[PDB]
> 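Before my questions: this is dotinurad bound to Solute carrier family 22 member 12.
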Amino acid sequence: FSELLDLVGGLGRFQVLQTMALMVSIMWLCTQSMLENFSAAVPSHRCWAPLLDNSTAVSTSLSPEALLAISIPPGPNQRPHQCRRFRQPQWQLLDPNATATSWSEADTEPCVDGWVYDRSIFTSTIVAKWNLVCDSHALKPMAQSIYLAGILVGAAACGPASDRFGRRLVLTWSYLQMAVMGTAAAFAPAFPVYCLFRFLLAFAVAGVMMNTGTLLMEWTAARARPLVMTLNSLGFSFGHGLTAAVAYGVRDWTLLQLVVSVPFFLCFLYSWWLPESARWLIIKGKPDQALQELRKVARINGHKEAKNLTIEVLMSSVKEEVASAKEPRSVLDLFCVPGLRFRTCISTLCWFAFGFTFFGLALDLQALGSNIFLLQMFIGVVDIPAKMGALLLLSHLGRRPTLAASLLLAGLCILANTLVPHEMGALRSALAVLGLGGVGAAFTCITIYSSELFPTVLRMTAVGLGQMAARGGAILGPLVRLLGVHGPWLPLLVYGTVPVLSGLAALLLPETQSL
Ligand SMILES: O=C(c1cc(Cl)c(O)c(Cl)c1)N1CS(=O)(=O)c2ccccc21
Ligand SMILES: *[C@@H]1O[C@H](CO)[C@@H](O)[C@H](O)[C@H]1NC(C)=O
């Protein structure tokens, strides 16, 4: 089939335009996942109280800070309490002679009247809308876990649907579903409905990812395939900065969600001009349509060979795969063979480490630094060169050292972030950025490396298993933040430990670079 591609053009105008078109949609797809750093930002909050918040109440000569001290006790963080208020105004606490021994838990009560939120940075957020605070604080990571579980289920459903219906058709309807569900989520009346719509949006996100990746491979020459994969990866790097800019411009969660969702109506529209995979059409016994698609691509590339292509070469050339693909093969086959068992274990561990670490760290930037807009931007700024250098290094120094070093660097940088004093926010932010860049380089390295570790018959099965492992770990990513009750260092300790152990294991893989 590579000869058919050469007759049509293995890397030309068509492939360039297609790659750009898909990269834009990947940028917006990235914005969809990173949105909840801003859409679900936690502002500073406190109980509503009469002396502070009922502006119609009798005025006094006291300043706002004195009223805040009179109304709200100091909390565990050595800062104003976020979930308890004084039952009666503590006038006794106003003099400098007072001491904390003068009041007890009997004087406190939960926020009967609700919470007051800081509006300086964000005009509105999900947390403020549905009071995902205090006793309900766990509901934010639950929502993110539901979104990632939606991705996992969408990936499970995409494969059979893609094979039965086609790459481009499923990509089109995934675009449409993303647009519809993202717009609907912006106007959700209640939190469970928001969760439902986010789940159904992730369901389509999975299809967009998988079919973009698949469709780029099948129209590209084998020699250029890794480079095209790397550019597809750079699409997310651009998505990060796009998220930072749009969130800087749009401080309202509904408008932000709507803005990042609307573009997918345009993606849905131009998906119709993309050609369906010719490999899929030939395999499914539709050579007449495959000829149309192939000569369309040749016309775009400007080749004269449209006068020479005929159904006979189309039918015969791919026939070998049409015959050999009739065997169903399974994940159990990988673990039966003694030699492949070890490679499979380590490869799946590395996939899991990538997914777990990335979606653990990237969705709580608020804990890593002071300014999340700038941090979000710099993640992409560093991700671009990290991914390109990963490509260069793995082509020059090998897959094994590159993957191992990337994972070790990410883990060591994240572990250091817990060790640095909290007051040095700049250094911690830099370490966080470097860790995430290392994670992106590791994603590139594992994507290229996993294809080369397995025999051609079992290649796709092992890669699918690895991807499922990564998407499973992504779910556990957010849940680990609930360990923050015992201190903010513990989640970062886990996030840093996992990549270190998986990177050390990667040193036990064989090298696949040609001599
Ligand atoms: O969600 C994925 C992804 C996961 C798997 Cl397991 C894949 O196979 C593919 Cl193609 C993509 N990414 C790849 S990323 O550049 O790290 C990145 C950065 C930011 C947001 C998402 C994301
Ligand atoms: C605020 O204070 C006024 C004082 O007249 C009172 O009528 C009103 O009910 C109070 N509102 C709340 C929410 O406490």
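We number chain A the way the PDB entry does; in order, the residues shown are 3-517. Counting starts at 1 for both ligands and their atoms, following the listed order. According to its header, the structure was obtained by electron microscopy, 2.7 Å.
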> Which of the ligands or chains here are copies of dotinurad?
ligand 1
> Which residues lie closer than 4.0 Å to dotinurad (ligand 1) by heavy-atom distance?
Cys32, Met36, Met211, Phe238, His242, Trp353, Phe356, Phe360, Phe361, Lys389, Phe445, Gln469, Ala472, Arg473
> Could you identify the single nearest non-hydrogen protein atom to atom 22 (C) of dotinurad (ligand 1) and state the distance to 0.1 Å?
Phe238 CD2, 3.6 Å
> State whether the shortest distance between N or O atoms of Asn234 and N or O atoms of dotinurad (ligand 1) falls below 3.5 angstrom.
no
> For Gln469, counting its heavy atoms only, list the atoms of dotinurad (ligand 1) lying under 4.0 Å from any of them.
8 (O)
> So which heavy atom in the protein is nearest atom 3 (C) of dotinurad (ligand 1), and how far is it from that ligand atom?
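Checking every protein heavy atom, the shortest distance to atom 3 (C) of dotinurad (ligand 1) gives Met211 SD, 4.1 Å.
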> Look at atom 20 (C) of dotinurad (ligand 1) and say which protein heavy atom is nearest, naming residue and atom and giving the distance to 0.1 Å.
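Heavy-atom neighbour on the protein nearest atom 20 (C) of dotinurad (ligand 1): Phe360 CE2, 3.7 Å.
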> For dotinurad (ligand 1), which UniProt-numbered transmembrane segments of chain A (counting from the N terminus) have a heavy atom within less than 4.0 Å?
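Counting from the N terminus as UniProt does, heavy atoms reach that close in 4, 5, 7, 8, 10, 11.
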> Help me out: which organism is listed for chain A in the entry?
Homo sapiens
